[PDB]
Amino acid sequence: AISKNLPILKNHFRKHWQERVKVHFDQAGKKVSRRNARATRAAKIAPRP
Amino acid sequence: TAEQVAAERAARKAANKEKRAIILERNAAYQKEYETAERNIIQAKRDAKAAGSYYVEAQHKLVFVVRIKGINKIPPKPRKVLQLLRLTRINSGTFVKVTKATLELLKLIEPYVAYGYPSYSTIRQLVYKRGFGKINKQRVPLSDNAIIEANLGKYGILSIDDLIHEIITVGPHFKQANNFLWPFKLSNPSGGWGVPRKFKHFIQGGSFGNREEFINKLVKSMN
Amino acid sequence: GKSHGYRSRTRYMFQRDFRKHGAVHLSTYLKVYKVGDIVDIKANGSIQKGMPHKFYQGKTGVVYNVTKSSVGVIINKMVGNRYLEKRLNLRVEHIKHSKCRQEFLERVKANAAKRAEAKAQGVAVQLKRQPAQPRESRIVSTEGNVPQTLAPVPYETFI
Amino acid sequence: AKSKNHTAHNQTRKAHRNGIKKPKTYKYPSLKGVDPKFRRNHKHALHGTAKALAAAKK
Amino acid sequence: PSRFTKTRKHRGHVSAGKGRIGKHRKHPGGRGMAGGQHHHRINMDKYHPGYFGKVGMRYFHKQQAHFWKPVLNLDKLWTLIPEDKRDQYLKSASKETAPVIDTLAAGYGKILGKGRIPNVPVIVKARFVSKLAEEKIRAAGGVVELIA
Amino acid sequence: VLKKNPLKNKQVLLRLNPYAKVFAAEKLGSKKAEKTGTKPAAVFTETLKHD
Amino acid sequence: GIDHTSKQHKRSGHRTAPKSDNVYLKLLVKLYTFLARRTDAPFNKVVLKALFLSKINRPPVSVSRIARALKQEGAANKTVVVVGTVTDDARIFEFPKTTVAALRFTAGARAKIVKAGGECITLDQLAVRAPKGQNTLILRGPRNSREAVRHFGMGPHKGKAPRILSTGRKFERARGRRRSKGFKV
RNA sequence: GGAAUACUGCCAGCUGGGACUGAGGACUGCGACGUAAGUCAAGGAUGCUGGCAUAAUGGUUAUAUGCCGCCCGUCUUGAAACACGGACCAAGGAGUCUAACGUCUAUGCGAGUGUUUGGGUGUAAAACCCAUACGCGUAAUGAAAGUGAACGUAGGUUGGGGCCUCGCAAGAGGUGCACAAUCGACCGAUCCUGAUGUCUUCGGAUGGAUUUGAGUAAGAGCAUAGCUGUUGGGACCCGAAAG
RNA sequence: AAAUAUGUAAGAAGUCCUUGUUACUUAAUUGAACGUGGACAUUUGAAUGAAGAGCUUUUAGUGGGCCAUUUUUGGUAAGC
RNA sequence: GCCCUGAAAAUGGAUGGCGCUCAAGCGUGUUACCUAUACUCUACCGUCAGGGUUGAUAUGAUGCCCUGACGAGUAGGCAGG
Ligand SMILES: NC[C@@H]1O[C@H](O[C@H]2[C@@H](O)[C@H](O[C@@H]3[C@@H](O)[C@H](N)C[C@H](N)[C@H]3O[C@H]3O[C@H](CO)[C@@H](O)[C@H](O)[C@H]3N)O[C@@H]2CO)[C@H](N)[C@@H](O)[C@@H]1O
Ligand SMILES: NC[C@@H]1O[C@H](O[C@H]2[C@@H](O)[C@H](O[C@@H]3[C@@H](O)[C@H](N)C[C@H](N)[C@H]3O[C@H]3O[C@H](CO)[C@@H](O)[C@H](O)[C@H]3N)O[C@@H]2CO)[C@H](N)[C@@H](O)[C@@H]1O
Ligand SMILES: NC[C@@H]1O[C@H](O[C@H]2[C@@H](O)[C@H](O[C@@H]3[C@@H](O)[C@H](N)C[C@H](N)[C@H]3O[C@H]3O[C@H](CO)[C@@H](O)[C@H](O)[C@H]3N)O[C@@H]2CO)[C@H](N)[C@@H](O)[C@@H]1O
Ligand SMILES: NC[C@@H]1O[C@H](O[C@H]2[C@@H](O)[C@H](O[C@@H]3[C@@H](O)[C@H](N)C[C@H](N)[C@H]3O[C@H]3O[C@H](CO)[C@@H](O)[C@H](O)[C@H]3N)O[C@@H]2CO)[C@H](N)[C@@H](O)[C@@H]1O
Ligand SMILES: NC[C@@H]1O[C@H](O[C@H]2[C@@H](O)[C@H](O[C@@H]3[C@@H](O)[C@H](N)C[C@H](N)[C@H]3O[C@H]3O[C@H](CO)[C@@H](O)[C@H](O)[C@H]3N)O[C@@H]2CO)[C@H](N)[C@@H](O)[C@@H]1O
Ligand SMILES: NC[C@@H]1O[C@H](O[C@H]2[C@@H](O)[C@H](O[C@@H]3[C@@H](O)[C@H](N)C[C@H](N)[C@H]3O[C@H]3O[C@H](CO)[C@@H](O)[C@H](O)[C@H]3N)O[C@@H]2CO)[C@H](N)[C@@H](O)[C@@H]1O
Ligand SMILES: [Mg+2]
Ligand SMILES: [Mg+2]
Ligand SMILES: [Mg+2]
Ligand SMILES: [Mg+2]
Ligand SMILES: [Mg+2]
Ligand SMILES: [Mg+2]
Ligand SMILES: [Mg+2]
Ligand SMILES: [Mg+2]
Ligand SMILES: [Mg+2]
Ligand SMILES: [Mg+2]
Ligand SMILES: [Mg+2]
Ligand SMILES: [Mg+2]
Ligand SMILES: [Mg+2]
Ligand SMILES: [Mg+2]
Ligand SMILES: [Mg+2]
Ligand SMILES: [Mg+2]
Ligand SMILES: [Mg+2]
Ligand SMILES: [Mg+2]
Ligand SMILES: [Mg+2]
Ligand SMILES: [Mg+2]
Ligand SMILES: [Mg+2]
Ligand SMILES: [Mg+2]
Ligand SMILES: [Mg+2]
Ligand SMILES: [Mg+2]
Ligand SMILES: [Mg+2]
Ligand SMILES: [Mg+2]
Ligand SMILES: [Mg+2]
Ligand SMILES: [Mg+2]
Ligand SMILES: [Mg+2]
Ligand SMILES: [Mg+2]
Ligand SMILES: [Mg+2]
Ligand SMILES: [Mg+2]
Ligand SMILES: [Mg+2]
Ligand SMILES: [Mg+2]
Ligand SMILES: [Mg+2]
Ligand SMILES: [Mg+2]
Ligand SMILES: [Mg+2]
Ligand SMILES: [Mg+2]
Ligand SMILES: [Mg+2]
Ligand SMILES: [Mg+2]
Ligand SMILES: [Mg+2]
Ligand SMILES: [Mg+2]
Ligand SMILES: [Mg+2]
Ligand SMILES: [Mg+2]
Ligand SMILES: [Mg+2]
Ligand SMILES: [Mg+2]
Ligand SMILES: [Mg+2]
Ligand SMILES: [Mg+2]
Ligand SMILES: [Mg+2]
Ligand SMILES: [Mg+2]
Ligand SMILES: [Mg+2]
Ligand SMILES: [Mg+2]
Ligand SMILES: [Mg+2]
Ligand SMILES: [Mg+2]
Ligand SMILES: [Mg+2]
Ligand SMILES: [Mg+2]
Ligand SMILES: [Mg+2]
Ligand SMILES: [Mg+2]
Ligand SMILES: [Mg+2]
Ligand SMILES: [Mg+2]
Ligand SMILES: [Mg+2]
Ligand SMILES: [Mg+2]
Ligand SMILES: [Mg+2]
Ligand SMILES: [Mg+2]
Ligand SMILES: [Mg+2]
Ligand SMILES: [Mg+2]
Ligand SMILES: [Mg+2]
Ligand SMILES: [Mg+2]
Ligand SMILES: [Mg+2]
Ligand SMILES: [Mg+2]
Ligand SMILES: [Mg+2]
Ligand SMILES: [Mg+2]
Ligand SMILES: [Mg+2]
Ligand SMILES: [Mg+2]
Ligand SMILES: [Mg+2]
Ligand SMILES: [Mg+2]
Ligand SMILES: [Mg+2]
Ligand SMILES: [Mg+2]
Ligand SMILES: [Mg+2]
Ligand SMILES: [Mg+2]
Ligand SMILES: [Mg+2]
Ligand SMILES: [Mg+2]
Ligand SMILES: [Mg+2]
Ligand SMILES: [Mg+2]
Ligand SMILES: [Mg+2]
Ligand SMILES: [Mg+2]
Ligand SMILES: [Mg+2]
Ligand SMILES: [Mg+2]
Ligand SMILES: [Mg+2]
Ligand SMILES: [Mg+2]
Ligand SMILES: [Mg+2]
Ligand SMILES: [Mg+2]
Ligand SMILES: [Mg+2]
Ligand SMILES: [Mg+2]
Ligand SMILES: [Mg+2]
Ligand SMILES: [Mg+2]
Ligand SMILES: [Mg+2]
């Protein structure tokens with residue numbers, strides 16, 4: 001309902017949002033593996049920058 | 001150092017010896033002051049009787065009020081009054097200077113208290129046994145005139161009988177001399193209240209009202 | 001249905017006195033009101049314009065404004081627990097001149113003139129008022145007045 | 001169903017706990033609701049009596 | 001954390017802190033902003049006046065940065081000159097070699113008129129300056145150059 | 001630490017009001033008073049005993 | 001039983017030590033608690049109380065607020081005391097010398113205090129130089145300048161500002177905000 | 001006519017019996033008795049004698065006796081109720097997490113603040129490090145085009161702690177930050193006046209105004225965090241007839 | 001025309017003396033406010049009390065009530 | 001005045017109960033006496049308030065010490081555990 005003196009918020013969570021939710025636990029491995037993916041490119045690509 | 005602190009002590013010891021002389025002075029002068037006055041009044045009655053006329057005494061300037069009712073179920077206006085007279089607890093009492101200002105504070109309070117005109121003894125034994133004083137809150141027993149003088153000294157009143165005098169004689173500093181006094185915590189009457197039922201007026205059933213001189217027999221038994 | 005409109009219940013209240021009616025005399029119009037004046041509020045039924053609401057009848061306040069035909073009066077009324085500040089725009093037929101403070105001035109002024117008597121003599125002042133007192137001892141003369149003694153009267157029917 | 005309608009019971013009590021306050025007055029009250037052409041001219045009477053002390057002190 | 005939370009204090013007391021008469025139900029009053037015009041009227045006026053209805057004019061496909069005018073005041077100004085040089089330029093007070101301050105390249109592009117500045121002159125490179133701003137720059141013996 | 005009660009415990013009776021010593025010595029709570037011979041006006045016994 | 005004319009077992013609203021755990025802050029208090037007790041100096045009492053204050057009650061005292069206070073007549077040379085952190089203000093230009101005893105000084109504050117040739121004293125140093133706090137000028141930052149204090153007491157006709165998340169038109173300007181839509185406030 | 005006696009009242013008059021209590025733990029106090037040495041009942045019990053280790057005494061527990069004591073939990077104005085749940089025991093069993101927030105508090109830095117989108121780096125989800133941006137704050141106000149905060153030591157009057165001057169003091173004088181009341185100035189909006197100029201309709205100087213703003217007037221904020229409170233969420237737990 | 005209940009005052013923000021401002025006001029140095037400079041404290045201007053005075057933010061529960069004396073309405077009355 | 005008539009209801013039954021007749025009844029007076037978680041005095045626990053104190057010499061400055069007042073509680077809040 002509506003009480004006290006508080007700004008009106010808008011929270012769009014009526015939609016089954018708990019279905020589409022992405023945590024990034026992979027931020028580590030999606031970097032460690034984002035590096036190794038670049039590291040071996042330049043390897044395979046040889047002096048080119 | 002041994003001489004220096006000895007100088008404070010040897011002089012202070014002498015300051016007190018003389019400060020106690022000021023007292024014996026006054027209290028002996030107080031003893032005459034009362035002894036003559038009552039003797040005056042006692043005589044003036046007899047004279048007027050020999051003259052055919054009647055000595056009509058001065059109405060009483062000083063009254064002692066002990067609250068005989070509990071703290072429950074009291075109407076607001078009496079309830080506020082009992083607080084302003086500093087009786088918030090059963091069987092407690094204060095002194096009141098009689099004036100048509102405070103006289104109306106009584107009589108409005110009449111349902112919840114018994115009161116009357118206290119004697120010298122009654123005041124003396126009330127202050128001697130039950131006498132306390134107010135120093136930054138802090139209910140403090142008057143065990144020494146130093147306590148009194150430290151506080152009531154700015155008014156005179158360096159004795160405990162200086163307090164007693166300033167009360168019974170009323171007089172200029174009675175407001176602060178009486179207000180200095182903590183309200184008197186008293187026991188129930190030793191030997192009962194004399195009535196069956198307290199909350200009929202003294203004239204009808206006993207207690208609860210102005211019993212005039214009969215306040216002394218009561219208060220003394222509550223002491 | 002309940003009826004709460006502005007002047008309800010004022011029937012006897014806004015009535016003019018028995019054998020006083022019609023035009024209001026000129027002392028009312030000829031009075032001067034500056035700011036700070038303490039005025040008593042009593043409505044007048046003959047004058048409908050600029051009259052107090054029935055509440056402020058009997059109340060006394062300090063005029064905060066002076067206009068052509070009226071004076072604004074600030075009054076203190078309680079709502080819930082507090083006093084808010086009401087200010088009324090009232091005409092002069094509804095305004096008295098309060099005698100509450102008037103004597104206090106005649107008190108101060110007499111107090112300062114009795115101060116010069118302790119300045120020119122040096123006796124004690126006794127300025128602040130003291131309430132009525134226990135009285136005093138006296139002697140009542142039996143000369144020419146000897147107490148006459150009464151008893152209670154019996155019962156008898158008077159009709 | 002039917003129930004209570006109104007009462008003032010206990011309201012004096014509630015309004016005396018923290019209650020009844022006081023008008024909390026100050027010196028120099030607000031001028032709210034005073035004649036405009038007083039409070040207009042009153043500005044310039046004070047605007048002018050300013051310069052009087054913007055001279056005297058030097 | 002939980003061990004700090006009052007609902008551990010309430011273990012053992014019937015009804016948590018929620019009351020015996022009114023309990024804690026699902027949705028008394030209705031979910032969300034329901035009834036703002038009716039039973040919540042008193043709360044929408046008082047703490048959110050103006051909440052209902054329309055005011056003014058719409059804008060279709062409005063894109064900010066058509067409006068971009070970060071605001072800067074003579075109140076600052078000289079901050080845009082690095083600290084040490086700021087000294088000797090204030091010491092100079094020259095109409096011959098005088099410091100150049102490019103406001104737009106400094107994160108800005110409207111110069112306002114708040115607050116006093118020294119008599120030391122400034123070359124103000126800007127766009128959109130306020131009338132009182134400039135005139136106060138003329139008191140320092142300096143100019144404004146409009147750019148884009 | 002302990003309030004003692006000048007109505008008993010002579011020591012504190014003397015600690016306050018040193019006049020107590022005199023008062024005791026002189027009796028003075030037993031003080032006799034000068035005898036008077038005054039007799040009431042015969043009107044006063046007329047009213048008193050009257051009716 | 002007593003009829004109580006005031007509420008039993010009520011505690012006074014004032015703090016005693018701070019709520020902060022900072023071990024150095026707790027020491028400065030141990031200092032100035034001792035000071036305020038064994039002196040006649042009222043200044044020590046004042047500083048002691050101000051040591052318990054909360055970051056909302058110790059708003060930053062700007063250097064320009066210090067400067068203008070030295071332009072006070074007769075206070076020119078006094079060492080000024082701020083029981084909270086002191087901020088730099090670029091808005092001034094010529095800033096006098098003095099010395100300023102505070103808890104903390106921002107980097108700009110400190111360095112620019114010394115450019116004018118003045119000291120940043122730390123509160124115990126100030127205590128040793130001035131055990132009775134003599135020739136000291138105490139300064140306070142504004143506590144009603146705060147954001148949250150703008151929304152306090154938000155009624156009809158109170159001209160305060162509402163708790164509001166976005167802002168612009170479309171947001172709380174229509175019904176109740178003008179005579180044209182509903183009423184106005 | 002001279003007492004006596006009753007009655008009421010005062011004595012800082014003298015004495016006998018009983019009861020409960022012995023808190024404190026060097027000395028500091030106020031006193032009293034003293035010619036004095038000194039003594040004391042004077043800011044809280046010491047002296048003396050006896051009795052007890054197969055134990056006196058104290059704890060628990062069972063039983064008895066005197067008096068007392070209705071079943072909890074719940075709703076309710078009112079329950080022991082002829083109101084509802086509960087035959088018993090063990091285990092399980094109900095205000096959570098999330099996103100956005102209000103007050104308050106602690107902390108970092110402060111006219112700024114936020115490393116963690118990303119990059120570097122690594123003893124590899126850690127820790128350490130960093131460019132460009134971005135977010136919020138540093139300007140408001142109009143619906144909008146727009147315009148955009150110093151007449152004055154950033155004001156006047158009245159209060160104000162602290163600091164200062166003389167004063168034993170008591171007071172007095174001085175400065176007066178936060179803060180309170182109030183009179184002003186300033187920025188925007190609204191209405192009014194409409195200058196020098198202009199390509200004749202542009203430009204809007206100056207000066208008013210019971211109008212107005214979530215503004216200015218030697219900045220306070222940004223960030224991580226705790227309790228409590230708000231909303232969206234299965235949303236304290238269990239429960240419909242239905243669709 | 002009561003009783004009871006009820007608004008106001010009992011001071012240093014006081015009572016006065018003088019005379020500067022203004023666009024208001026007057027026949028007008030008439031006023032009105034607001035100032036400048038100055039006269040007076042010692043019961044500082046009733047009693048009584050004050051367990052301290054003022055201020056701010058936030059937030060729980062509650063929003064079925066019932067009883068006694070008294071005043072009181074409907075009802076023959078009621079544990080209405 | 002007291003008492004009597006007036007004065008008829010359903011299980012057996014209630015001045016609370018036995019029972020009381022110059023009362024152990026009714027009206028009135030005067031004293032003694034009994035005992036509440038109330039009043040007075042004191043010990044102890046806690047809460048709130050005021051004051052002293054690391055000038056120290058260990059072992060706690062959130063301490064140690066002195067003083068005064070106070071203590072009902074559902075829904076509910078907060079604190080210390
Ligand atoms: N407003 C959006 C964002 O909200 C964030 O909110 C953070 C806090 O406000 C929030 O705290 C909530 C609190 O709001 C709420 N009223 C009480 C709750 N106990 C707190 O939650 C906290 O404690 C719980 C219990 O251990 C933890 O599990 C939780 O991770 C922790 N944040 O935890 C949030 C982080 O998970 C931040 N305020 C900020 O990043 C930003 O404002
Ligand atoms: N009359 C001496 C005065 O001393 C003042 O300064 C000293 C003291 O008088 C004053 O003491 C406090 C004061 O801090 C506080 N803000 C008010 C407080 N009433 C004052 O206390 C004063 O009054 C109380 C009560 O009567 C007395 O117990 C105390 O001895 C006395 N100094 O604070 C200073 C010491 O800390 C002022 N210099 C000035 O008013 C005047 O010179
Ligand atoms: N600082 C970041 C910027 O902030 C903006 O918001 C700030 C301002 O731009 C915004 O003001 C709006 C503005 O959005 C819009 N384009 C024009 C409008 N007239 C302005 O509104 C202005 O006046 C209204 C009353 O009319 C006030 O309510 C409002 O506070 C005021 N800023 O109000 C905010 C200041 O209070 C944008 N919301 C945001 O997207 C952007 O990133
Ligand atoms: N009942 C008399 C009262 O006197 C009061 O007057 C008090 C104040 O107005 C007056 O204060 C003056 C102040 O006006 C002036 N602008 C500064 C001056 N230093 C102050 O002086 C006062 O305070 C200082 C500082 O603590 C003390 O040293 C000094 O003793 C004291 N007179 O000092 C008086 C207190 O001594 C008020 N006018 C009012 O509350 C009331 O009329
Ligand atoms: N309007 C300008 C103002 O006029 C003021 O003067 C006008 C009044 O205020 C002034 O009157 C003074 C008054 O100021 C002061 N406070 C009291 C004094 N009793 C008055 O005096 C007045 O009464 C006396 C007789 O009682 C007459 O003789 C006299 O003419 C009359 N003006 O007399 C003028 C006309 O009545 C002052 N000069 C000054 O404040 C200012 O210049
Ligand atoms: N101890 C019994 C006494 O009688 C009282 O109660 C009495 C009344 O309840 C009852 O009186 C009723 C009357 O109400 C109803 N009309 C029926 C019956 N015939 C009457 O009975 C009466 O009879 C005559 C008078 O009529 C009397 O002499 C007689 O004493 C009385 N009992 O008779 C009871 C016994 O006399 C009380 N129980 C008690 O307080 C009192 O002490
Ligand atoms: Mg009398
Ligand atoms: Mg009294
Ligand atoms: Mg009288
Ligand atoms: Mg007995
Ligand atoms: Mg009895
Ligand atoms: Mg009896
Ligand atoms: Mg006795
Ligand atoms: Mg006794
Ligand atoms: Mg009607
Ligand atoms: Mg009439
Ligand atoms: Mg009449
Ligand atoms: Mg009309
Ligand atoms: Mg209904
Ligand atoms: Mg009903
Ligand atoms: Mg209802
Ligand atoms: Mg109805
Ligand atoms: Mg409260
Ligand atoms: Mg816990
Ligand atoms: Mg619990
Ligand atoms: Mg339980
Ligand atoms: Mg509960
Ligand atoms: Mg349960
Ligand atoms: Mg709760
Ligand atoms: Mg429940
Ligand atoms: Mg509810
Ligand atoms: Mg909308
Ligand atoms: Mg004791
Ligand atoms: Mg108690
Ligand atoms: Mg301010
Ligand atoms: Mg402000
Ligand atoms: Mg407004
Ligand atoms: Mg916003
Ligand atoms: Mg419309
Ligand atoms: Mg309309
Ligand atoms: Mg004879
Ligand atoms: Mg004879
Ligand atoms: Mg006798
Ligand atoms: Mg003897
Ligand atoms: Mg012992
Ligand atoms: Mg001795
Ligand atoms: Mg001797
Ligand atoms: Mg001797
Ligand atoms: Mg000796
Ligand atoms: Mg032995
Ligand atoms: Mg046993
Ligand atoms: Mg039983
Ligand atoms: Mg139930
Ligand atoms: Mg039910
Ligand atoms: Mg029911
Ligand atoms: Mg209930
Ligand atoms: Mg009912
Ligand atoms: Mg039950
Ligand atoms: Mg039943
Ligand atoms: Mg049920
Ligand atoms: Mg059941
Ligand atoms: Mg069943
Ligand atoms: Mg079951
Ligand atoms: Mg069952
Ligand atoms: Mg079973
Ligand atoms: Mg938060
Ligand atoms: Mg990894
Ligand atoms: Mg940035
Ligand atoms: Mg303009
Ligand atoms: Mg100008
Ligand atoms: Mg000012
Ligand atoms: Mg001032
Ligand atoms: Mg003095
Ligand atoms: Mg225009
Ligand atoms: Mg202008
Ligand atoms: Mg600001
Ligand atoms: Mg909170
Ligand atoms: Mg289900
Ligand atoms: Mg289904
Ligand atoms: Mg359907
Ligand atoms: Mg003039
Ligand atoms: Mg008092
Ligand atoms: Mg609330
Ligand atoms: Mg509610
Ligand atoms: Mg309900
Ligand atoms: Mg009923
Ligand atoms: Mg009933
Ligand atoms: Mg009945
Ligand atoms: Mg029968
Ligand atoms: Mg029988
Ligand atoms: Mg009986
Ligand atoms: Mg029988
Ligand atoms: Mg029988
Ligand atoms: Mg019996
Ligand atoms: Mg009898
Ligand atoms: Mg007997
Ligand atoms: Mg007990
Ligand atoms: Mg303490
Ligand atoms: Mg309790
Ligand atoms: Mg309680
Ligand atoms: Mg409890
Ligand atoms: Mg509970
Ligand atoms: Mg514990």
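Throughout, a chain's letter reflects where its sequence line sits, starting with A, and its residues are numbered from 1. So this one's X-ray crystallography, 3.3 Å, going by the header. A restricted portion of the entry is shown here, and the contact count covers that portion and nothing more. Order of listing sets the numbers, starting from 1, for every ligand and every atom in it.
In this structure, the drug modeled at ligand 5 is paromomycin. Structurally, the greatest contact with paromomycin (ligand 5) is made by what the PDB entry calls 25S ribosomal RNA. Lab note: other chains with heavy atoms under 4.0 Å from paromomycin (ligand 5) -> I. Source organism (PDB) for RNA chain I: Saccharomyces cerevisiae (strain ATCC 204508 / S288c). Other ligands and ions closer than 4.0 Å to paromomycin (ligand 5), given by number and name, are ligand 81 (magnesium ion).
Residues in other chains coming within 4.0 Å of paromomycin (ligand 5) by heavy atoms are I:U18, I:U19, I:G20, I:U21, I:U22, I:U29, I:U30, I:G31, I:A32, I:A33.
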